[PDB]
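The next PDB entry has trimethoprim among its components.
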Amino acid sequence: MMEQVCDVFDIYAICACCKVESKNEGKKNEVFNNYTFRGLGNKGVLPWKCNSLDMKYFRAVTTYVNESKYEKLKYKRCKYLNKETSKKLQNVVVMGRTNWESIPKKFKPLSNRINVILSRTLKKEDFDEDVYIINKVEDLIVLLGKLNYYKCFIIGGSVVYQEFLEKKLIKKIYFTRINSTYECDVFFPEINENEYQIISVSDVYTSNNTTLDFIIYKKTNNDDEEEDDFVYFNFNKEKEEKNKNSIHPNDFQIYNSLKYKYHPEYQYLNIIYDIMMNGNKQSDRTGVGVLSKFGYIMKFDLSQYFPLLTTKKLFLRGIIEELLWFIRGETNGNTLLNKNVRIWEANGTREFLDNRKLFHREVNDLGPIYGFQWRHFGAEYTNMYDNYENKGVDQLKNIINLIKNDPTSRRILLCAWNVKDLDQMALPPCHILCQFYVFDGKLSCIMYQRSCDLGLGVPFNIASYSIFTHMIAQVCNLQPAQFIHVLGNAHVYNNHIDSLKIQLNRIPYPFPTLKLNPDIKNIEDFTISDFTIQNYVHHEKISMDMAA
Amino acid sequence: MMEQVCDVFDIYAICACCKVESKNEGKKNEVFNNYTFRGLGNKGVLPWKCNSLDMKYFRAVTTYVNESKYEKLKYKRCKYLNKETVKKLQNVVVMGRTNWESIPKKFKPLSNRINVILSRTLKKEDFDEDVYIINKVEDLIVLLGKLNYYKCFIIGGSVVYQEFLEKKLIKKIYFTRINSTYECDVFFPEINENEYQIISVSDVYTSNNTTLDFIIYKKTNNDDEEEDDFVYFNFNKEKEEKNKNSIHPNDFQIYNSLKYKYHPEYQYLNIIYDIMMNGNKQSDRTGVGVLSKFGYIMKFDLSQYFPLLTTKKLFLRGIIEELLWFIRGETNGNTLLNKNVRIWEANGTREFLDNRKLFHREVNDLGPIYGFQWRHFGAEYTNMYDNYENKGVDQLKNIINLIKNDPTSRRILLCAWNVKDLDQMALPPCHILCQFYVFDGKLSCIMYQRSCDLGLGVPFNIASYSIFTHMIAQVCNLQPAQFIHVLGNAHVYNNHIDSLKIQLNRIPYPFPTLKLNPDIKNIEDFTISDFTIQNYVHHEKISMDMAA
Ligand SMILES: NC(=O)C1=CN([C@@H]2O[C@H](COP(=O)(O)OP(=O)(O)OC[C@H]3O[C@@H](n4cnc5c(N)ncnc54)[C@H](OP(=O)(O)O)[C@@H]3O)[C@@H](O)[C@H]2O)C=CC1
Ligand SMILES: NC(=O)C1=CN([C@@H]2O[C@H](COP(=O)(O)OP(=O)(O)OC[C@H]3O[C@@H](n4cnc5c(N)ncnc54)[C@H](OP(=O)(O)O)[C@@H]3O)[C@@H](O)[C@H]2O)C=CC1
Ligand SMILES: COc1cc(Cc2cnc(N)nc2N)cc(OC)c1OC
Ligand SMILES: COc1cc(Cc2cnc(N)nc2N)cc(OC)c1OC
Ligand SMILES: O=c1ccn([C@H]2C[C@H](O)[C@@H](COP(=O)(O)O)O2)c(=O)[nH]1
Ligand SMILES: O=c1ccn([C@H]2C[C@H](O)[C@@H](COP(=O)(O)O)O2)c(=O)[nH]1
């Protein structure tokens, strides 16, 4: 409706923001929000000196025009200033003198753009380079009114942002989240949850030893016969989504208001959306009640990020201890309970072993599960205390030796589904197999999962099998490529829906990175201390069962 | 500069065509083309009588209008026709008199459509109904230049379709391929490969005991600041696909010209494309050589069709014989060789077994492969001839019991990959496992394939596990729903590229159906003659190695 100057003159802002090096007062119990990324500068330069990929983005966003689109904009513009009217078409960039003087010399003036400097102290006079000056903010709307520009971009710094934001002159913010912590003296202003709303989250990337992503904030309110062919080919599609009334999508205003959902966490989130909306109502094993669907695939680029969900808090100590426990060959539930890892406690009780008909199994003797099948597949299992040295097939050695000696084998599979020993296990494995693939000094891993609890379980599963990939890759002197997660029976407990709905409306943060201690070169030689998650920025912990 | 009458007045053709009961004298092996589908009428009615879904398509297309797109169409019609001006908007349908009389009284005149009838024999006075009688094709274009209408549909019959193409007054043909054979007396005119081309192929469907799909012929030749965010987001891609120049897109002229590739065969065809364009070049030692990628999922709706590739010829006797062999628990190659099925011949050789270090293994004794594992997993393998009675886990009987008695179990897997036995097998299994899923008395099957020969092996693999799905579904008194194919290591052999390029440019035919003998109530009691593929319409056989 009507039109503010921001809409009319197509004036956007572009920035790139750090986390700040505060003296945290014995509180690794840290809360994170949109204001977490503000850091703009330090001693008159960027706090990270150079981020090569952001520098690529910033250029491509400021140096892009479509001539085609210009016609419409020249109308709506000229008709409003009430004055109705070869080089090339170009974008404007607006910068504070301080920012101008903090840009290196080689970049000045910014190629194929219309460089403008807001300054009161200096004037066209003082600048030995091809520019325009101005000494107030109203003076820019004027320079815009006259010139041949496709879009105008506010490229900082803080002072210039704060005032342009105050008088709501900016239509969108193209905002780079640099997901590391540096020293900062200057800061981006507290963006107003009311006035501006994220509408788009890019992919996550690694550049110069840090992950980063690109989001878009939007200002608040208040062939054609080939398109018909689409409608005809969609003629048999059911009228509305099956559990529409049942889940009520109008609740996910934010999830649905996003245009571009290119953050990899959306791979998980969209499966949760898909199941809630089109999932089959099933009720048994307990009468507990699930929405279920069959056969999904998620791919994470471990070279660019560690995919630890950011739409809730996750803890990995337990997940890692469990991984190290499989690797040692162990089936002894006590080892994990002494480290207060209680993943397997429920499946070791006398009651649970008795329902599972294992009347002759010691409590917490989980039987021939992951660890035993990894290092001794085929061996007759006895009890958790037996050393099975040299008995059965050590698949874990075998697949590590296949990667090193025969990277191009298509038989690098690690299988926990021993059909002979299923009934002897406390619980047959949810995680059926990993298969590996080596290209050009790079390791990908497929994990097939028969049964996927999506609100409690798969989030941990992603992390486990991502960590395991790294461990394998390092041990075989390879770079990790993709973790590919194949979901079989994929289900949401009805108990989880209220919490997953809260979750779906949270905008993921840039993912963290995993640092393995590089000295560890045998799969058996990892210690809990060898693992570090770095720069994990996350929303509040969610109880998935909202019970009390 | 000419503007076409068919573009200006938006004149379209819609039809439904079956195969003709033509005298196929010594043609049991017969050649198939787009004219295989040409049957329109028999004795003044449709050769198939009712097809519910053809009817639902026809109604949707011939009624559907869009008001926004009228303002432009009126402007264009007025311009061409000299004019300028400016209740509920409709399409015109144009039938011949025989067609009109062929249509049941309960459908006439056609709802929410302007009905035009061509006739000399009959004048306006011989009708009671709300229709326009015209007596020549020129009187239509007169009437179209007077009326408000969205689009004009020629709905037959044969004489009407004929003259409208004689005069190139048809912009596109919406053609329903009814994949069944019927007595016909009236035929659609042979479409001229030069004047018209297929730009779109829909999903395949089952209705009234036939498969059918929808194809579109086209006449041949002679906030958008939110479309800007899309370009910003794709700022970091390559200038090419890895081996783009290596293969050349301009070779897939037909494949790339199609707009909507909604036929399920494209799931297979599109993976071939993705591997050819983005595949990694690898060597299986000694320089055998492949393009590989990792982790793809295809899904086929067995309730709607049987997915036997139609873009080359496939025989299924061998494949069914192999599967019966598996089910009996056999490991004996000779049983197949005596049935003239050579699938396992190469793998059963003295040279081949000796190369797998199986020096104590009789010729054509393939050892503990699928058959042995499905019925005896865990038993120590002796030889081909040992009846391994009540030994190992019979996981086939176990999964058939889970399905009929615990249908919501997430533990209904059938595993071939017995790690103990791998080195004793002629070949580790390519097909790792099947998982099943029951909902609302319908059965779906995932199978995970570690190594996938896209040109030669996969087409047969899709058939094998699609038939197995039907077999299990029947024996457990369920409907077949989905066969879901999870590709691990997906590779095209360099030998296969020339042939696949040919296959990629062939347009699929509607898939055939599969009928099982309904009497068989145990998985053990199936025989070759209990299996019949109805209506396999396919392109010429292709040899993938064009070698000599
Ligand atoms: N990562 C990022 O996105 C960005 C990083 N930066 C960081 O920003 C820092 C500098 O920013 P900051 O110190 O806030 O300064 P600014 O770049 O915002 O410039 C401030 C100066 O601009 C002039 N000015 C501001 N408002 C007006 C006005 N309304 N009319 C006229 N002149 C005006 C004045 O200069 P004068 O007194 O001469 O008139 C003022 O002192 C650098 O260290 C750099 O690292 C900079 C841009 C973006
Ligand atoms: N499967 C499908 O998509 C379709 C099926 N059909 C089937 O096709 C059959 C009918 O086909 P067909 O026999 O070719 O009949 P048509 O529907 O083509 O009717 C032909 C008759 O229409 C009139 N007519 C046609 N063109 C003209 C013209 N230019 N000027 C004046 N009158 C004209 C004449 O009727 P008159 O004798 O009164 O002068 C002519 O004999 C039926 O069996 C029907 O079931 C029909 C439509 C489509
Ligand atoms: C092109 O070089 C620079 C650009 C910027 C501004 C800037 C940089 N990145 C992003 N995303 N937005 C911005 N507004 C700031 C700079 O340092 C102060 C630069 O020099 C290193
Ligand atoms: C809606 O009823 C009928 C429609 C048609 C024409 C027709 C039907 N289907 C398609 N795909 N194209 C057509 N032109 C033909 C008919 O029978 C001769 C009908 O009566 C059942
Ligand atoms: O890592 C794990 C372990 C367990 N589960 C869940 C999936 C199912 O909800 C349940 C397995 O029970 P069955 O599928 O065997 O019935 O545990 C997971 O999602 N991830
Ligand atoms: O039903 C079958 C049998 C074999 N293969 C192919 C896949 C590989 O090209 C090859 C097996 O090679 P390895 O995976 O054993 O390395 O056989 C199939 O695609 N389908």
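Just so it is clear: chains get the letters A, B, ... in the order the sequence lines come, proteins before strands, and each one is counted from 1. Reckoned from all heavy atoms, side chains included, excluding hydrogens, waters and symmetry mates. Both counts, for ligands and for their atoms, begin at 1 and track the order of listing. Method of determination (from the header): X-ray crystallography, 2.6 Å.
- To find every copy of trimethoprim, look at ligands 3 and 4.
- The main binding partner of trimethoprim (ligand 4) here is, in the terms of the PDB entry, Bifunctional dihydrofolate reductase-thymidylate synthase.
- By chain letter, the other chains having a heavy atom closer than 4.0 Å to trimethoprim (ligand 4) are B.
- In this structure, B:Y161 counts as a contact residue of trimethoprim (ligand 4), since one of its heavy atoms falls inside 4.0 Å of the ligand.
- Of all atoms in trimethoprim (ligand 4), listed by their number and element, those nearer than 4.0 Å to a heavy atom of B:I14 are 11 (N), 12 (N), 13 (C), 14 (N).
- Near B:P104, the atoms of trimethoprim (ligand 4) lying under 4.0 angstrom from a non-hydrogen atom of the residue are 20 (O), 21 (C).
- Of all the listed residues (B:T176, B:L53, B:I155, B:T98), B:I155 holds the heavy atom that lies closest to atom 6 (C) of trimethoprim (ligand 4).
- Remark: trimethoprim (ligand 4) atoms within the under-4.0 Å shell around heavy atoms of B:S102 are 18 (C).
- Scanning the protein for heavy atoms near atom 19 (C) of trimethoprim (ligand 4), the closest one is B:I103 CG1, 3.8 Å.
- From the protein, the heavy atom lying nearest to atom 15 (C) of trimethoprim (ligand 4) is B:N99 ND2, 4.0 Å.
- Under a 4.0 Å non-hydrogen cut-off, the residues that form the binding site of trimethoprim (ligand 4) are B:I14, B:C15, B:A16, B:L46, B:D54, B:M55, B:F58, B:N99, B:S102, B:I103, B:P104, B:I155, B:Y161, B:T176.
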